[PDB]
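A look at one PDB structure holding forskolin.
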Amino acid sequence: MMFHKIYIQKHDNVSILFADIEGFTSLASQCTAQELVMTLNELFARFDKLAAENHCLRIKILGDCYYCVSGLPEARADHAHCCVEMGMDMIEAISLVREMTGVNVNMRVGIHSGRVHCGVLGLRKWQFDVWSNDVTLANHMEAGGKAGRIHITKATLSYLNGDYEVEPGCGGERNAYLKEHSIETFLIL
Amino acid sequence: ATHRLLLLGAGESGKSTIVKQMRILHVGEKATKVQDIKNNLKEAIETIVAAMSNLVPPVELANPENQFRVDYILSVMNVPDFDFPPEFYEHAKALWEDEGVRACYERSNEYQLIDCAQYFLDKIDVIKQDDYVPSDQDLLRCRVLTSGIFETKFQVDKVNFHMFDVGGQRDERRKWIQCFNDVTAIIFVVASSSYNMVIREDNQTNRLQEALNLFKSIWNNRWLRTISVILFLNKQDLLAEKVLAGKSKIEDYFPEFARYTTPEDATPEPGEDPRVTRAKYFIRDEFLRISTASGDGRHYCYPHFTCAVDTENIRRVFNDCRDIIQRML
Amino acid sequence: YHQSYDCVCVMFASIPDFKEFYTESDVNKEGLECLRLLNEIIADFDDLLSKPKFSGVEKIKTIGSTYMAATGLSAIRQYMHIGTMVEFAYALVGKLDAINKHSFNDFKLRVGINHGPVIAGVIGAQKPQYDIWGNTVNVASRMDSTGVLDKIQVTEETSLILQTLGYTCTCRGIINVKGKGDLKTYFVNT
Ligand SMILES: Nc1nc2c(ncn2[C@@H]2O[C@H](COP(=O)(O)OP(=O)(O)OP(O)(O)=S)[C@@H](O)[C@H]2O)c(=O)[nH]1
Ligand SMILES: C=C[C@@]1(C)CC(=O)[C@]2(O)[C@@]3(C)[C@@H](O)CCC(C)(C)[C@@H]3[C@H](O)[C@H](OC(C)=O)[C@@]2(C)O1
Ligand SMILES: Nc1ncnc2c1ncn2[C@H]1C[C@H](OP(=O)(O)O)[C@@H](CO)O1
Ligand SMILES: [Cl-]
Ligand SMILES: [Mg+2]
Ligand SMILES: [Mg+2]
């Protein structure tokens, strides 16, 4: 055959959560490389367990960027709630690791819902991943979020069926992508 | 049974016209295309006029009165929303009858002029009417640049066809890849008559030569090793006209033409001049040399002499295409 | 179990123009056709690892359309692995040029390289994914994010080592890097 076999499949109605350490390059620039990894392993191990409880499938860790999706592998109509509950658990977890370790770790959380393409790429070192405009947007919501709070889109609010009290996010004034694409954001209480 | 056909070729080769013929043949909006037709008219007249003073040597007007009409056309050239007053058509028609303007037109291969130039300028009195209705042939000549990919769906004897149209200009070629996977066959279109012209993208590369390089890239592509190519040697009507006119020699652009004699398997049309037969078969062979050099058994090339604007020639050739696709593909 | 290292050369290689090329329409199957092309590119890159001259290169992962790799993970003559990484970057450029020739595109690579101590291992409870951490890795990523098309940007210390090996370098200047402040960087010559 002409092209290599592609191991990717499309999935509608899913939710993507992104979490990122604030000022990571600054943080890792201070303490030893040993201490940093202990702080991260302590943090991401808990997240990985909370992911199983909240029905979320973790994707990967990009140093300080943690992200997962809900509604995979098997479709779930309860998706958006899982990611919100998952983000909630993360914020408390970061708080404990801030307490028992003493390190100033703070994360921003962004969430969005839509369609994704998931699978693997290349021939070597396969690592399950997701790609799509919706995944790209979800990523920007994190960049445009606020320290220690969950930032969601209007598309994610419509899947939440009104179970969470939110306030105007104003994500448009903290990230040029969200503004340019006219996205209404919200912050969960 | 669903066949996905991908149209490829350089810019202004005839891809969008082929799609139009499928719509007329195998598948109201005419009022919307009137504006596009008047634009083609305005573009043709202003281009021929703007070139008069830049040629070497320059072409002079045969009538001094027309100097004012030239001044008129140039003053409205860049006007965004032109309302097309009755005066405009009077000036264009006047200019197109001037022998000097006509001489500049005979040297159009020296600048960039759209193919529908003479067709529309010859019927200004028809287009100018407020009650004017575009004929089938008018919509086939109307030129509008293609940007992006367009899918047209039709059915012939309960057999499905999905045809993809793509921009042929250089910057547009980067989109083709999105149609490579699972393509039934490729239809490569070429402007057989553009041997004495240069492309628009740089104003230096010979048009036919660009097609040849583009075909070689397609035929030898790593993702199309088992994909057959139906080759449309388009613009047969302009080729014959150019060949017979004797002003622009083929061997002065492609030296190899001087060592070329017509093949045995040659099947000339009834009444066709030997010179025309010799030229069209030469252009086919330059393309066959490339297809012959590689692939060997994995995929084949099927040539066809065509004239996109001639609905009759297209029905005949697309039928021959239906035969090729079913015999194996 | 984790492990500490002293001199690992990390490289981040991006394709800045890819994001623009990617589009979701009904014709390209909601962006699936674009992803197919990314698959070909990552695959052509992946097989350079089979070349004997590249035995010491370890692919770490792909970040979107960015390729991440490292050398010196086989350790623990002294500095040749840093030079092998630069040779690997040149190879990728040749793989991407081949891709452009067939897909009618003009993608260009943007590279960032640095070296120093790192930590290798797995992290988290979900899966056994090998990765590397450290300030060395963070800086390498910045040498990419603040780089130039068709250029390999390296740090001052990496520049010195490349010179003892026979490479020429041009000073890019002093740029204020997010989280690090003012850093003096360099471009490898060709
Ligand atoms: N006389 C004549 N004119 C033709 C023929 N085929 C196409 N044309 C004219 O040439 C012009 C260009 O053809 P068109 O189909 O628009 O090109 P294209 O290949 O789609 O071009 P592009 O979109 O890549 S930039 C049109 O005005 C069309 O009517 C032909 O066989 N004979
Ligand atoms: C394939 C292209 C496209 C558009 C697909 C996509 O969703 C991404 O892969 C994400 C968002 C997505 O895969 C999630 C991980 C990460 C690392 C955040 C990606 C990068 O930002 C990619 O862009 C870069 C900059 O490499 C981006 C945006 O590229
Ligand atoms: N192992 C790694 N894998 C991927 N990205 C990494 C790794 N280590 C560091 N980075 C990224 C994280 C930072 O980007 P952000 O996540 O902060 O956007 C950047 C500089 O620290 O390098
Ligand atoms: Cl052509
Ligand atoms: Mg960060
Ligand atoms: Mg067209």
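Just so it is clear: chains get the letters A, B, ... in the order the sequence lines come, proteins before strands, and each one is counted from 1. When reading the values below, keep in mind they use all heavy atoms of this one structure, side chains included, and skip hydrogens, waters and symmetry mates. Counting starts at 1 for both ligands and their atoms, following the listed order. Going by what the header records, the deposited coordinates were determined by X-ray crystallography, 2.5 Å.
Including duplicates, the parts belonging to forskolin are ligand 2. Most heavy-atom contacts to forskolin in this structure come from the chain listed in UniProt as Adenylate cyclase type 5.
Going by heavy atoms, the other chains that come closer than 4.0 Å to forskolin are A, C. Residue, atom and distance of the protein heavy atom nearest to atom 5 (C) of forskolin are A:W131 CB, 4.0 Å.
The nearest heavy-atom contact from the protein to atom 14 (C) of forskolin is A:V135 CG1, 3.6 Å. The nearest protein heavy atom to atom 9 (O) of forskolin is closer than 4.0 Å. Of the residues UniProt lists as binding Mg(2+) in chain A, a heavy atom under 4.0 Å from forskolin is found for none. Of the protein's heavy atoms, C:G64 CA, 4.0 Å lies nearest to atom 22 (C) of forskolin. Which parts of forskolin touch C:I63 is read off a 4.0 Å heavy-atom cut-off, strictly below it: atoms 17 (C), 26 (O). Inside a 4.0 Å radius of atom 16 (C) of forskolin there is not any protein heavy atom.
Looking at the entry, the name attached to chain C is type II adenylate cyclase.
Within the listing of forskolin, atoms 7 (O) sit less than 4.0 angstrom from a heavy atom of A:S132. Neither the backbone nor the side chain of A:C65 has any atom closer than 4.0 Å to an atom of forskolin (non-hydrogen atoms only). With hydrogens left out, the protein atom closest to atom 3 (C) of forskolin is A:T136 OG1, 4.6 Å, a heavy atom.
Most of the residues of chain A within contact distance of forskolin belong to the UniProt domain Guanylate cyclase 1.
Nearest to atom 25 (C) of forskolin by heavy-atom distance, out of C:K19, A:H117, A:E142, is C:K19. Counting the atoms of forskolin from 1 in the order shown, those under 4.0 Å from a heavy atom of A:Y67 are 15 (C). Residue contacts with forskolin, taken as heavy atom pairs separated by less than 4.0 Å, involve A:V130 solely via the backbone atoms N, CA, C and O. Of all the atoms in forskolin, the ones that sit under 4.0 Å from a non-hydrogen atom of C:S65 are 26 (O). For atom 21 (O) of forskolin, the closest heavy atom belonging to the protein is A:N139 OD1, 4.5 Å. Protein heavy atom closest to atom 1 (C) of forskolin, with residue, atom name and distance, is C:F18 CE2, 3.3 Å. Under a 4.0 Å non-hydrogen cut-off, the residues that form the binding site of forskolin are A:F18, A:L62, A:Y67, A:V130, A:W131, A:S132, A:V135, A:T136, A:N139, C:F18, C:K19, C:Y22, C:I63, C:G64, C:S65.
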